[PDB]
Peer 1: 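The structure's right below; bear with me while I get my questions together.
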Amino acid sequence: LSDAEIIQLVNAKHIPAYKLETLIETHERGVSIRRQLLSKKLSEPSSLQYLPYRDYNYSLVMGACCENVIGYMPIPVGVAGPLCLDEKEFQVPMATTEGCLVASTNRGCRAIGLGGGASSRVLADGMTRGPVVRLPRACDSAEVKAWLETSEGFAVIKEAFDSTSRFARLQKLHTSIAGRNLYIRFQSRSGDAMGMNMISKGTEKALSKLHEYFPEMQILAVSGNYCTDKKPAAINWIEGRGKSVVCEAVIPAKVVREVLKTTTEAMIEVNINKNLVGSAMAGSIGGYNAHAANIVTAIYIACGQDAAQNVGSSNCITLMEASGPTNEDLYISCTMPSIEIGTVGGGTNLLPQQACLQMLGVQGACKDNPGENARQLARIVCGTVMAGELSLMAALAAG
Amino acid sequence: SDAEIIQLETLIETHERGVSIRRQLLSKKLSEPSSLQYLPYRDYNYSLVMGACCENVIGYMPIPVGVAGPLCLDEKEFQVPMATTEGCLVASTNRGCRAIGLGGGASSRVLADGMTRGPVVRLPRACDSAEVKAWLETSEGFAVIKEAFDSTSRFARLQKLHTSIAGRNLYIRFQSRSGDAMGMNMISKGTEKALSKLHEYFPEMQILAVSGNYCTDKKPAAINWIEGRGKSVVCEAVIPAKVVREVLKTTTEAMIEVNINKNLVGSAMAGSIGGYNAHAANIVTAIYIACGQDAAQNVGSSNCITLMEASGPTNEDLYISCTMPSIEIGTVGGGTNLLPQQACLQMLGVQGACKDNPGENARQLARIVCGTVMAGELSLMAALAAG
Amino acid sequence: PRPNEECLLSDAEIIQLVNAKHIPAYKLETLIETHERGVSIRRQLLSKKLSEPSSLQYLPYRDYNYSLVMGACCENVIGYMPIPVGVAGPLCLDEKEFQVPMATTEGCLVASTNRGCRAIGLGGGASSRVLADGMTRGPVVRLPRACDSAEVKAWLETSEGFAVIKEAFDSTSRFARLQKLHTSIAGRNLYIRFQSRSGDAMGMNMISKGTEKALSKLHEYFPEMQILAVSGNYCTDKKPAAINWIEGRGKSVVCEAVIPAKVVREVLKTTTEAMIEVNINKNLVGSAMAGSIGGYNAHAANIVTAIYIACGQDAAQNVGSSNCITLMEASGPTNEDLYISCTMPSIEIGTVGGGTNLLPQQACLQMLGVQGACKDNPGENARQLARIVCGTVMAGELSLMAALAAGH
Amino acid sequence: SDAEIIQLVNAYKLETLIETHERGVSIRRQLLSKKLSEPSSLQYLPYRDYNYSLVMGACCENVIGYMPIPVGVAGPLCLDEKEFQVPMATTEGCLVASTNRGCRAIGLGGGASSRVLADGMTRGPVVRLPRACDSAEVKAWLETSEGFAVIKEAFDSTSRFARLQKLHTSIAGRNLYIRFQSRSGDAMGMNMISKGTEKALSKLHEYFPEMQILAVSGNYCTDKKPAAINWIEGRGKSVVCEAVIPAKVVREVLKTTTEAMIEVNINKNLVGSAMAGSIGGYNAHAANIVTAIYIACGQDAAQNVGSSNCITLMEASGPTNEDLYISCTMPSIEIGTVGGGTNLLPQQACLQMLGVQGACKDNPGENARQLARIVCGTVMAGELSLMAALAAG
Ligand SMILES: CC(C)c1c(C(=O)Nc2ccccc2)c(-c2ccccc2)c(-c2ccc(F)cc2)n1CC[C@@H](O)C[C@@H](O)CC(=O)O
Ligand SMILES: CC(C)c1c(C(=O)Nc2ccccc2)c(-c2ccccc2)c(-c2ccc(F)cc2)n1CC[C@@H](O)C[C@@H](O)CC(=O)O
Ligand SMILES: CC(C)c1c(C(=O)Nc2ccccc2)c(-c2ccccc2)c(-c2ccc(F)cc2)n1CC[C@@H](O)C[C@@H](O)CC(=O)O
Ligand SMILES: CC(C)c1c(C(=O)Nc2ccccc2)c(-c2ccccc2)c(-c2ccc(F)cc2)n1CC[C@@H](O)C[C@@H](O)CC(=O)O
Ligand SMILES: Nc1ncnc2c1ncn2[C@@H]1O[C@H](COP(=O)(O)OP(=O)(O)O)[C@@H](O)[C@H]1O
Ligand SMILES: Nc1ncnc2c1ncn2[C@@H]1O[C@H](COP(=O)(O)OP(=O)(O)O)[C@@H](O)[C@H]1O
Ligand SMILES: Nc1ncnc2c1ncn2[C@@H]1O[C@H](COP(=O)(O)OP(=O)(O)O)[C@@H](O)[C@H]1O
Ligand SMILES: Nc1ncnc2c1ncn2[C@@H]1O[C@H](COP(=O)(O)OP(=O)(O)O)[C@@H](O)[C@H]1O
Ligand SMILES: Nc1ncnc2c1ncn2[C@@H]1O[C@H](COP(=O)(O)OP(=O)(O)O)[C@@H](O)[C@H]1O
């Protein structure tokens, strides 16, 4: 059949769009038909002219990453580096449309390299899901909380949770009561995957098992916002979520002077009064930094991460202090307790994003040490954030 | 030739060639030099990017764009572009749009409009910073600061000042309209000239940083939640019991119970400031990427309180509202200057400046975002309530 | 113990009437001769109901002025609770000297605060400024639709809309002068934060009366508006809230002082460098790691609470009144002197009304020279008290911080 | 004579220098009177006939008298099948009356039930290592079962009630914040937990000599300052209480309806507190009740800052959904029945009134737990009454 004939068929059969994929056979043609169909529903039918769609691998997207596809959005990818981190050198891909961001981050990388590099450590690793359940009375929910805190109750819960996956290993439970409601924060490792779907599956089976001991328990929602996913929350800041990371470096006074165009003293004064006092006056929870979100977002988009997780992933406290023999060298550290990231699944299944992951040497699963690729990616993110903090802070300090 | 050049858009001719060479140079520094093969770069207009949106360019990252709609908002119909890699997001949001359309559509209102910049300055003593604060709060002091701020642009118009003291430090939050631009650069230029003028009245004042994190830009902050930043928007709709039953697969009562206990109580137990919603960030992020917005601003732009109530003659219909006090957005400048993103903006009829009434396109885009968020909230909440 | 019909005197007989006619114990001072035997009977009625009838033995009740407490400060009175009052000072503030009364049961608190005052005095004193003054009340109202509540918000934001509201608000008292309106929307709900001066009074009752009259006026223009609650927690009163921290509530105050290196060494037993490092890592970084909003200090609450109890303030207001950011930095020719400042944006306080009407608390207020209304300049006594509180807090911060810096 | 003693001084060593306590106070008062802009201002500040024996060198210094706070009683509070007569020290008119009305509605509803969910006072010191890599190593060390046991042994060796439970650590570059949590019998426990923290830190220092103990309290406890950590992880006693008020009682005692109360609770205590940017303040006036009971019972009133954290929830229940279900959850009630101001006779009297004075001989900590339950129950009574008044107008 012809395009116009498919169009007539879809319009004359009230067959909702998007079903084009199962209707036709080729992937790009279904996309071309949906764009044509959509075009007649717009005040400017030619508005899709510059929205590219051709020569793109839609097989990996369909049934996995997006629906009602009408094309793709190209985000410029720049590179910042080398980032000298833990005695290795990384060339960091950054997808952004903000001018000077890559340049500024690159300058930061330069100052770190000339300073002998940066060191980083993964402090914790565990994705979470925090469902909300209800009991008839608060006295009952209290009983469930006490039961879940015994070694016997936990083991049975861990047992049912762990049985849904090879990588699902329940670490701990933080429960919280609000009258007859009970919020249960399940935390578990997830190999190299960010882990949402995996932890969710585990949580559902665990809640099913919990319901066998407490038949009167009502499962209100698999997510009761106690995770907390994609919303700002003190719980992620205080207890961590995903990967908690810290990185540090010392920048020689000469480098601060020549590369950063400022002094260690001026940098410290700006850090304390902007990142600590300013954030405090603004009523911030977890936003004790200059622009971690810029770096997190740019790397996330380039590497197939869930960019909406930039909300909590960007949590960061940037600290600066005088170091060295004469207290003229700049010590800097960035602590990020909740980097939600992965190197397998979701958008990391797509080839262009796998390319950016390969650039860093962390694409896909780490066979001999599950989770190591994801941990390495989190360290790179924390290191690039520190590079970004150094540069922007120097620019603010200099004027 | 592609060889002894190693021995770029500033030197060479073609833009696409400079990228090829940059990719070649970078290739030699990679553990897996072949990785760059699946990273696209050809047939892309780098002219608009170079010197404006990105540096050290090695290609571009394609983000699948799906469409959700029609979104029946304020008696208009919108086809919403969403750039995402999260499966079922577009489908779920589309389902939400469906429920709203069958309910007679959604209504929205822009409550406030004003981008901010909050520099930190210091005086010798707290007694001096207090004097500067008092002067900034007089009608004459504001008038002179406003005269100086507004002289930097045709679109920059200072609306108000909120000053806060921390001993000898003084944080000044400048809030101004910025036409159809998100306004960061414009407001920053205005802030610098205003601070310069302030310095003439108080020579002992030290300008510590043009941004003292009191804006607050790209970090979570109660100040953006309470006072707004960019566009403050509210939207609402009533979904008929039958639609909740047939499209959403649940009941009004179940939806309400989930909203209260998840979006209100749950977020409260989590210690959230501004995160009284299910997944506004998913919608904000997807639209932001497709429309050339600054995706990092998703941090504060996603602030939202979702409310659900029993409505109608028999209290069986679902009333829903989403209030978003800090949508940082624009239809001119930055990534909106690129053609593919302009295409998504054109889809919504808000591309570029609204020559007649500067700001209307940006205000319309903020209303669409708030409306799409409500569609997304409706669908995901129904799915959680139904199990 | 005469029968009931005969009883028109005698404790045992009153008790029999109370039990038999089931007339409540609070109706006692309204039926009994003196205030004192009225509570006596009450304690006796209560004592019978306890698992240990002797419990009240050491709870004082005699020789106390209940006339001022009745129908004003407390109900079902069974006595009074004595809180030890100590004095810290002199506090050299704004070229004046204050002897600060502190009611507390925490050992070493007055001593430590006194040491702080000493370091300040030897440093040339402290300076303070009142940055803002205005008590608030934040009611919640509802409109049928969010589009309507948005309309009310815009109306309240026009110059004419504000004038009619202000006119209504101000007609309730000579001191009620509406300053501004902060309005916030949540769907069809509308939260309105009314802010106004209140002379020397803390102002809750006054601002509330003004808010009710203003809401009725608003109701005339928007008849479909439902007044859900005179307080929708948007004030915010007695609960932690970022809004009080960011916009202030009551009196916003800042105080500062410079402590000479020698004084930090000899009086505080530490160095300026050590103090600064503890302040930054405890009051800034530590509070940040703890997820604090407004708690960037060491123990402002100890000082605020002690002064509030001694001066008849509402001690429950210690929740927001204690908000404070303490900052320390190197000062002087050789950067060896300690610069310190305390910023408190929401001190809820008053020198007239409530517990300040009682004699013992008026005594503590008199000690500071701020008791009652300031005839010549309304509000000045309350402002002076707020400055004293901020200054005493700084004295307390200096001493405790030095003790943390020095020992361990 | 007072006159000659005064000329001698021309100091705050009065109690030691002389003999009788009351006279010491008398003399300090006379000396202070000459420094005041108004010499007779102390006239109505009482000071006579007071057992300063227990106060001198334990509860207050430079004593010049005492401040009388009116004590009222609210009750009976029907809680967990028991009846309590609750002492409330306040100067706020109608507070006791309103709280009493709340108690009445609860009693007529069949009483309230409560549960202690957690119990453990905390202290959060801040230490520093040369590098973030070192602090990370200490964090990992503290997380192993062996490293924990060693710290726990040193902590528990300091006192009879020092049982170190979970250990929460947090890193900020080279800084390390360690939240020590432990039971403390019937004592509020700050002094005890502090003593335990110091020995534990010395033991930790033996394994990590490069570690600098910056401050025994790094504000990570967190004591007397608002903090999300206390709300989320609890501090002291975490308690929950609940009750169901029959429609008729809501109508006759509270002068309103269940529907009206629910609408006010949701829009004020949840939405309003959310719009205000509150962390832990999802209630109407828990602080009023916490403060009044704390003052009357010798607690540390400054701890009302975190002790008043509370989320009040209301729901329609019953056959026709006209009855009122109510719950109050308070995760951080810092309280005790031994030590500090509870050592004073008048406050012990108020504690006795509740049957929780001093140590619980048979079951250590039970008196303090009982007092926390009473506080949470009285808060719920206060929430019910004020909410009804706001609902009614
Ligand atoms: C490119 C970017 C990092 C940048 C620079 C810079 O580093 N230029 C650069 C280019 C090449 C090499 C090295 C550096 C300067 C920048 C800052 C000072 C001086 C010069 C450039 C700014 C910027 C930040 C706040 C302003 F008000 C104005 C501009 N910005 C914008 C950052 C913005 O997104 C987030 C910010 O708003 C968060 C905050 O601080 O609250
Ligand atoms: C696609 C997406 C919106 C979705 C659905 C859904 O609506 N499916 C859909 C598809 C087609 C038509 C209609 C609906 C369900 C979803 C939820 C319940 C039942 C079925 C699907 C979920 C999801 C959310 C939380 C979970 F624990 C597990 C899955 N998710 C993932 C949401 C995630 O990003 C953010 C979330 O974590 C934030 C939160 O709530 O804390
Ligand atoms: C008396 C009090 C202020 C004090 C001192 C002191 O200054 N002693 C004093 C006596 C005489 C003269 C001069 C000084 C020391 C104190 C501190 C260090 C060294 C000596 C005394 C402490 C104290 C604070 C935290 C601890 F872990 C232990 C004790 N405390 C208890 C304060 C407490 O309530 C609030 C606190 O918990 C808030 C915080 O910091 O988190
Ligand atoms: C006595 C007190 C509990 C009270 C009542 C009341 O219950 N009266 C009472 C007396 C006897 C029997 C039964 C009831 C009413 C009250 C409320 C409504 C109607 C009647 C009385 C109020 C009060 C609270 C906020 C206002 F704006 C005005 C008044 N207040 C003052 C409470 C105040 O401290 C804390 C409050 O500000 C916190 C908040 O809600 O934000
Ligand atoms: N309607 C409009 N609204 C805003 N800016 C406009 C408009 N029309 C043209 N402009 C131009 O675009 C600029 C804003 O874009 P840009 O310089 O990239 O800064 P920003 O970071 O604020 O977006 C304005 O300074 C002005 O020169
Ligand atoms: N019991 C106390 N009452 C009041 N102030 C005290 C008390 N103990 C100490 N101080 C305060 O602490 C400071 C330290 O004095 P002191 O304890 O005698 O030690 P030092 O001799 O080392 O100065 C004094 O300036 C005083 O203000
Ligand atoms: N200088 C003053 N400042 C404040 N109130 C004053 C003053 N002089 C007299 N008053 C009166 O005292 C009262 C303040 O006390 P009160 O009614 O208990 O309310 P609040 O809760 O504000 O203390 C008001 O009625 C007011 O008329
Ligand atoms: N002075 C008071 N002391 C104690 N409780 C009081 C007082 N006034 C009112 N109440 C409470 O209010 C309830 C009844 O209120 P209401 O019907 O207004 O009558 P009244 O105020 O005359 O007691 C009583 O059961 C009691 O709990
Ligand atoms: N049941 C008990 N609970 C608590 N402390 C007890 C008990 N029995 C005896 N004690 C003693 O009381 C001490 C606690 O009082 P105190 O030192 O004043 O500190 P705090 O007031 O900070 O709790 C314990 O160290 C112990 O010696």
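The order of the sequence lines fixes the chain letters, beginning with A. Residue numbering for chain A follows the PDB entry; the residues present correspond to positions 462-860, in that order. We number chain B the way the PDB entry does; in order, the residues shown are 463-469, 481-860. In chain C, numbers come from the PDB entry; the residues present are 442-449, 462-861, in order. Following the PDB entry, chain D shows residues 463-472, 478-860, kept in their order. Whatever order the structure lists them in is the order used to number ligands and atoms, beginning at 1. These numbers come from the heavy atoms of this one structure, side chains and all, not from hydrogens, waters or symmetry mates.
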Peer 1: Looking at ligand 2, what drug do we find there?
Peer 2: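 Its PDB name is atorvastatin.
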Peer 1: Quick check: main partner chain of atorvastatin (ligand 2), as named in the PDB entry?
Peer 2: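 By most contacts, it's HMG-COA reductase.
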Peer 1: What other chains contribute a heavy atom less than 4.0 Å from an atom of atorvastatin (ligand 2)?
Peer 2: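 Other chains in heavy-atom contact: A, B.
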Peer 1: What atoms of atorvastatin (ligand 2) come within less than 4.0 Å of a heavy atom belonging to B:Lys735?
Peer 2: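 Heavy-atom distances to B:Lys735 below 4.0 Å select 39 (C), 40 (O), 41 (O).
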Peer 1: Out of B:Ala856, A:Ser684, B:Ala751, who is nearest to atom 38 (C) of atorvastatin (ligand 2) when you count heavy atoms only?
Peer 2: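 Answer by nearest heavy atom: B:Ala751.
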Peer 1: How far is atom 2 (C) of atorvastatin (ligand 2) from its nearest protein heavy atom, and which residue and atom is that?
Peer 2: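 Looking at atom 2 (C) of atorvastatin (ligand 2), the protein heavy atom closest to it is B:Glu559 OE2, 4.1 Å.
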Peer 1: Using a 4.0 Å cutoff against the non-hydrogen atoms of B:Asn755, which atoms of atorvastatin (ligand 2) qualify?
Peer 2: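 Contacts of atorvastatin (ligand 2) toward B:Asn755, numbered from 1: 33 (C), 34 (O), 35 (C).
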Peer 1: Tell me the contacting part of A:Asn686 for atorvastatin (ligand 2): side chain, backbone, both, or neither, using a 4.0 Å heavy-atom threshold, strictly below.
Peer 2: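 For A:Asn686, the contact with atorvastatin (ligand 2) is made by the side chain alone.
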Peer 1: Could you list which atoms of atorvastatin (ligand 2) come closer than 4.0 Å to a heavy atom of A:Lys692?
Peer 2: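 Matching atoms, with element in brackets: 38 (C), 39 (C), 41 (O).
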Peer 1: Please report which non-hydrogen protein atom sits nearest to atom 13 (C) of atorvastatin (ligand 2), along with the residue it belongs to and the distance in Å to one decimal place.
Peer 2: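 For this ligand atom, the closest protein heavy atom is B:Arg568 NE, 3.5 Å.
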Peer 1: Identify the binding-site residues of atorvastatin (ligand 2) at 4.0 Å, heavy atoms only.
Peer 2: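 Heavy-atom contacts: A:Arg590, A:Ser661, A:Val683, A:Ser684, A:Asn686, A:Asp690, A:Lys691, A:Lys692, B:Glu559, B:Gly560, B:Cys561, B:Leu562, B:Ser565, B:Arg568, B:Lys735, B:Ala751, B:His752, B:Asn755, B:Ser852, B:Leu853, B:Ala856, B:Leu857.
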